[PDB]
Visitor: 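Model shown: Interleukin-2 receptor subunit alpha + basiliximab.
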Amino acid sequence: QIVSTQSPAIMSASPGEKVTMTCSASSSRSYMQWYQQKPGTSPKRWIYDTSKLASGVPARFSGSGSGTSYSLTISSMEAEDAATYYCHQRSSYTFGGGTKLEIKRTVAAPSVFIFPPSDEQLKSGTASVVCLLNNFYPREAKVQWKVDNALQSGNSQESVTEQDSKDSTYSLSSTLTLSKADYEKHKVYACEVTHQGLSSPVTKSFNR
Amino acid sequence: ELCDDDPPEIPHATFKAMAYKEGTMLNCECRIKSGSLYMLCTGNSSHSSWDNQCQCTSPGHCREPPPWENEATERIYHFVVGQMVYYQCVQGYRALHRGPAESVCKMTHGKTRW
Amino acid sequence: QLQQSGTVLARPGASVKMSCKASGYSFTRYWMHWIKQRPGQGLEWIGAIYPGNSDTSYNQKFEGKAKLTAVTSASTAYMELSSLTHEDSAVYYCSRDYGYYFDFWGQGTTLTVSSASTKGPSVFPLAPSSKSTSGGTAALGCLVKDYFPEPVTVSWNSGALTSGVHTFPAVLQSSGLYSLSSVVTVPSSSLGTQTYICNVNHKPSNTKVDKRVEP
Ligand SMILES: *[C@@H]1O[C@H](CO)[C@@H](O[C@@H]2O[C@H](CO)[C@@H](O[C@@H]3O[C@H](CO)[C@@H](O)[C@H](O)[C@@H]3O)[C@H](O)[C@H]2NC(C)=O)[C@H](O)[C@H]1NC(C)=O
């Protein structure tokens, strides 16, 4: 059974840059198709029969390859192109893993906020501590929790937005979830932030 | 641009296309697990060919594909708009129409017809 | 053209049958493909069916999980999905095959499989303070906790406020319920004058709360 593999998984491009993404077959193929997908919509035809563009596909896009190695190419990168591209073949109908293409822009340091658990939440018996990293680039950031200088693990979850439509930035929340018992058992709640745009690691904290 | 209509079944007549237009689909029926559904007539700027091969168990155009191990009846093709097939009289004798020219796909104001 | 059935909920072990109603073309003459997409991950081919003779073909991963059928008289393709697990929670697309490529797709069907029952969220304020200020800016928000299923909807000031709003993707908690935060950045000076309310709406549970956020 034929299996497609795409490289890279995620790549960034500044407007104007040439972008190249690779898809390789496990066994020889005659043609390669590519599909485009943006969040909240269906995949759309993009490139078929290796090099043939579908109706409405910009001239910036070209398709290349043969045998077991294929590629999609954007000659000049534009904002409209940020998407995931899946390679696909009509022999056995398997898809590649997809290449997510994003916008590269200059580094931006995250604004760092911390929120203590609301009074109302503490009645229900649970405490959520929220650390927010606002409007930064690139996506790569490390956030850690420390209660009374004890590094926490296993009890926090992170959420990251998609690239903003104007800023091209990312926002990130980290949430510390603990029982009212655990919460009251301690004093200092620290959010420790590591990012390219900072002289890492920066700590935002509060005493209970 | 695929003809969603079947060619007309005329009494004492057999219809065959000589050359299949680029985009035609031939379903593969007889069973053939692994993979391989239909065959697509397509190619690059300089060539034309059928894309896949079909197993079984229990100029600008493509040339008719060679018969595989098990295939029943007249083949159920999916023609494209502008494709033209030709009728031939086998043992049934009628030829009051001298010049033979019928059965072409056309996009008549939105719907395909023969 | 290609209209699929609405969002489904299911428990582990159950089955589910979703539909895909074709219109505006001969349902008989085209191959109909089904494609899975798990949250975050990529596309997976489930299988195909020719409604002219019900000739089906499957991906090896789904041989005994998916069943593909069609009712020519309805112009509708069906897919039944058996002994459902958490890994079946995805978005399912049906698409027509144009040989060259799949030329038309449905809007998709979101299957969620869980042993949780429908629950409206608790909405907690994320109150602005000295912590949660950065220079000229202050940040405030709403914690939308313990709900099932997706989606929730958050607006600020009945949709009057838009700039600076970030509403994070929901994370599935270990308890089986979802949670997310909605957050907006404002000038610190406008914290006294302007009033801030998040509008959390969860249609699956008919619940809706308006929470006022303040220092
Ligand atoms: C699309 O266009 C190409 C471009 O000319 C077509 O030409 C030739 O296709 C055949 C494949 O059937 C290739 O023949 C092979 O050539 C190699 C190298 O000489 C030889 O070692 C093999 O034994 C084989 O016969 C050939 O590469 C290719 N010609 C050129 C100049 O690239 C081609 O038929 C069309 N596409 C496909 C997928 O076949």
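Chain naming is simple here: A for the first sequence line, B for the second, and so on down. Note that chain A carries the PDB entry numbering, so the residues on display, from first to last, are 1-208. In chain B, numbers come from the PDB entry; the residues present are 1-30, 36-63, 101-156, in order. All chain C residue numbers match the PDB entry; in order, they span 1-215. Just the heavy atoms: all of them, side chains too, but no hydrogens, waters or symmetry mates, feed the values below.
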Visitor: Indicate which ligands or chains correspond to basiliximab.
Guide: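 Including duplicates, the model places it at chains A and C.
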Visitor: Counting non-hydrogen atom pairs under 4.5 Å, which chain of basiliximab (chains A and C) scores highest against chain B?
Guide: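 On heavy-atom pairs, the top chain is chain C.
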Visitor: Identify the organism of origin of chain B according to the PDB entry.
Guide: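 The PDB gives the source of chain B as Homo sapiens.
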Visitor: State the UniProt domain of chain B with the most residues near basiliximab (chains A and C).
Guide: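 That would be the UniProt domain Sushi 1.
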Visitor: Which residues of chain B are in heavy-atom contact with basiliximab (chains A and C) at less than 4.5 Å?
Guide: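 Judged by heavy atoms, it is made of B:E1, B:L2, B:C3, B:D4, B:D5, B:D6, B:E22, B:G23, B:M25, B:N27, B:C28, B:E29, B:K38, B:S41, B:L42, B:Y43, B:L45, B:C46, B:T47, B:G48, B:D56, B:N57, B:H120.
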Visitor: Which antibody residues from basiliximab (chains A and C) have heavy atoms under 4.5 Å from any heavy atom in chain B?
Guide: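 Heavy atoms under 4.5 Å put the paratope at A:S30, A:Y31, A:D49, A:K52, A:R90, A:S91, A:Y93, C:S26, C:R29, C:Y30, C:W31, C:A48, C:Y50, C:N53, C:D55, C:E63, C:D97, C:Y98, C:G99, C:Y100.
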